[PDB]
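Drug present: ampicillin (open form).
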Amino acid sequence: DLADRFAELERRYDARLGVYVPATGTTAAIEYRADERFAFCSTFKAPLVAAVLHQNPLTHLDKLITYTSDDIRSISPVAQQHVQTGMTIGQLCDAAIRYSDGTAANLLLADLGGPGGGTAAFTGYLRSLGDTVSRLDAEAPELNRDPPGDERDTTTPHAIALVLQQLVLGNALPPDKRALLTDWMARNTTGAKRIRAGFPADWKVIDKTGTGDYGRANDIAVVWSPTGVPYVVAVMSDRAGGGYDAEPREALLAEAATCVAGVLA
Ligand SMILES: *C(=O)[C@@H](NC(=O)[C@H](N)c1ccccc1)[C@@H]1N[C@@H](C(=O)O)C(C)(C)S1
């Protein structure tokens, strides 16, 4: 039984696990702790890129953004290198999704603009998609640090899956912008050991990960069967029992995804 398997994984990893797969043509929704809040961590970068794409003409991708030494405040594998040159909006989107670059995401939040360095506008974008649950309150590095249970900087597996479904499968974005987001997630470099590890190689997987303090490890994905039937998969986890420095455990997500894949096969 799925719920039993998910509970077994929680015990194995001393973790809290949340899973949501929306209902489809012939499958019921899969849900486990799906309405409990979990920190977004870097998963917010996927709808962030959607918001920036939606907000602007496509060629806003070519706008060069400049920044400085004091802007590097978080893991930023790509932006660390381009302080002098600056990065285009398209480069920032690419880095935010594919390398989970924190500076890139902070700069995208500032591009979106408005109160809270862009976090209010980000939240407003989610509200426009019918998500009355999620909230972003801080940028990097703070957004990954809220104590377990705190509602700041949280979503739920259910909420984020419905958002991702609209962005990738539905009509939240026009086809050209939708393809940009989809391709960046398809080319993600950080997800090999999470949802991807749970699905057979002949399933397509696109995803965006997040990792945070208190053992936080998330992954949100869209997967397509070998015959092109898509499913949205959100898996979220934390390990409050280990305190702030608890190690995130990717294997928990790989195992959860393997269980989901077994049901969807
Ligand atoms: C988003 O979740 C980001 N997380 C962090 O910057 C955390 N402070 C962190 C936790 C563990 C190791 C390094 C940083 C980025 N997204 C993560 C991910 O996509 O899983 C990351 C580890 C690639 S950094």
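What you see of chain A is 43-307, where the numbers are those given in the PDB entry. In listed order, ligands and their atoms are each counted from 1.
- To find every copy of ampicillin (open form), look at ligand 1.
- Bound to ampicillin (open form) with the most contacts here is the chain that UniProt lists as Beta-lactamase.
- Using a 4.0 Å heavy-atom cut-off, the binding site of ampicillin (open form) is formed by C83, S84, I117, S142, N186, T232, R236, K250, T251, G252, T253.
- Heavy-atom proximity to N186, at under 4.0 Å, picks out these atoms of ampicillin (open form): 4 (N), 5 (C), 6 (O), 7 (C), 8 (N).
- In this PDB entry, the covalent tether of ampicillin (open form) is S84 OG.
- Looking from atom 11 (C) of ampicillin (open form) to the surrounding protein, the closest heavy atom is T253 CG2, 3.4 Å.
- Listed in the PDB entry as the source organism of chain A is Mycobacterium tuberculosis.
- Residue-to-ligand polar distances keep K87 apart from ampicillin (open form): every N/O pair is separated by 3.5 Å or more.
- Close contacts between ampicillin (open form) and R236 involve ligand atoms 20 (O) [criterion: under 4.0 Å to a heavy atom].
- For ampicillin (open form), the polar-atom distance check finds no N/O of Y141 at less than 3.5 Å from any of the ligand's N/O atoms.
- Taking every non-hydrogen atom of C83 and a distance limit under 4.0 Å, the qualifying atoms of ampicillin (open form) come out as 2 (O).
- Closest to atom 3 (C) of ampicillin (open form) among all protein heavy atoms lies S84 OG, 2.5 Å.
- For chain A, the UniProt substrate-binding residues having a heavy atom under 4.0 Å from ampicillin (open form) consist of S142, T251, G252, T253.
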